[PDB]
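Mefenamic acid:Aldo-keto reductase family 1 member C2 complex.
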Amino acid sequence: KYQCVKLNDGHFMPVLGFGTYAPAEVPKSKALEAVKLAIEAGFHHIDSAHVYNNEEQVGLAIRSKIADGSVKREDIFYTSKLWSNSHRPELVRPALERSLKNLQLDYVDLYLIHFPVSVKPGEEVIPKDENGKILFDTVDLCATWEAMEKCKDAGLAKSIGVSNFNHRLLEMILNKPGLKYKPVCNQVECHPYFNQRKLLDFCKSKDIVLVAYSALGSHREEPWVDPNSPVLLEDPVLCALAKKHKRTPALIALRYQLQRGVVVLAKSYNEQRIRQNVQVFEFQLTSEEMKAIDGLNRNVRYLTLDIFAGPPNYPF
Ligand SMILES: NC(=O)c1ccc[n+]([C@@H]2O[C@H](COP(=O)([O-])OP(=O)(O)OC[C@H]3O[C@@H](n4cnc5c(N)ncnc54)[C@H](OP(=O)(O)O)[C@@H]3O)[C@@H](O)[C@H]2O)c1
Ligand SMILES: Cc1cccc(Nc2ccccc2C(=O)O)c1C
Ligand code: NA
């Protein structure tokens, strides 16, 4: 058994997820070993994406653990994400099926719209013109969403959701004439320096789960993240709470999310840290400790994704 939350479509999501993105200088081979160690440690939820360029390795890890009798397919919750070069409705299903081929899995447990700005179709994930300009595309995300719906009805994705959506863009889906399925989640950056209270409340009001990425303060990969931003895990309050509990600042940051109702992701490719992170279910924070952490909020977004700023759907 393991801790899950009931989604708005009746499926269940494990509340701690294993993140699989690593910077390009880390070999892809490392994704295979890390996902096997995450499964061994007790992770039951594995988050990836077409754009992570690791679905071969992550799928092999999952298939290996199923084939050797370690885990059943029903006890793995695997998320993929539709990249922005495939927002056009007729391209949605092919992108899912391409991911499933790479993974050699029959279905994903969750498919997200990765990011609300569209880019021109093609193999290139950030297509550029000869002058280095990103080739943006104009697509009705409500059409993209109907396509997602169809993937769910086809059994290819057990649940569907969104990522990097703001209030306006969520409302656009929720108010769509003819909506069949609400997004089960909105996967967004969330940690004690950017705690997303407002958006979290809104998602709650709609029974949408907020899933937190960069919950440990991100990879800090240049050029995605400003190296001058504060290092989350060096925070003196998180570090004092860690000392107090004989845990670590990471565990405090993970636990904070769980207690506020957020499903939380954590990436590590390090065996010791992978095993450490599951210890989030071994302790609890008091109401005063939670308030202390709430007080750390500083409107610091690590991942602005500002190379996609300009188009109307840019969400920040
Ligand atoms: N939807 C989106 O747009 C989007 C965006 C960003 C991320 N994501 C997803 O969310 C996942 C996690 O976010 P993220 O990659 O930004 O990273 P993160 O989980 O915030 O942090 C990863 C970093 O923390 C380190 N770490 C992990 N456990 C630790 C611990 N116990 N003590 C100290 N350091 C620890 C990792 O190093 P080691 O590997 O060396 O332990 C890595 O440097 C990604 O992998 C991806 O699945 C989604
Ligand atoms: C290398 C590469 C190419 C295209 C997209 C991404 N990453 C993202 C872009 C926008 C939104 C989210 C991500 C992500 O890493 O999840 C990366 C890392
Ligand atoms: Na990561």
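Numbers in chain A track the PDB entry; the residues on display, in order, are 4-319. Just so you know, ligand 1 is whichever comes first in the structure, and atom 1 is the first atom listed for that ligand.
Put simply, copies of mefenamic acid show up as ligand 2.
Lab note: closest UniProt active-site residue in chain A to mefenamic acid, heavy-atom distance to 1 Å, was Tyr55, 3 Å. For atom 7 (N) of mefenamic acid, the closest non-hydrogen atom of the protein is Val54 CG1, 4.1 Å. Residue, atom and distance of the protein heavy atom nearest to atom 15 (O) of mefenamic acid are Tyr55 CE2, 3.4 Å.
UniProt substrate-binding residues of chain A with a heavy atom under 4.0 Å from mefenamic acid: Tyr24, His117, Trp227.
The shortest separation from a heavy atom of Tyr216 to mefenamic acid is not under 4.0 Å, leaving the residue out of contact.
Measured by non-hydrogen atoms, the distance from mefenamic acid falls under 4.0 Å for these UniProt NADP(+)-binding residues of chain A: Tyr24. Summary of contacts: the protein heavy atom closest to atom 9 (C) of mefenamic acid is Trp86 CH2, 3.4 Å. Closest to atom 14 (C) of mefenamic acid among all protein heavy atoms lies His117 NE2, 3.4 Å. For atom 11 (C) of mefenamic acid, the closest heavy atom belonging to the protein is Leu308 CD1, 3.5 Å. The nearest protein atom to atom 2 (C) of mefenamic acid, hydrogens excluded, is given as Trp227 CZ2, 4.0 Å; this is a heavy-atom distance. The binding-site residues for mefenamic acid (non-hydrogen atoms, 4.0 Å) are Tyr24, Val54, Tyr55, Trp86, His117, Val128, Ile129, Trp227, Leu308, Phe311.
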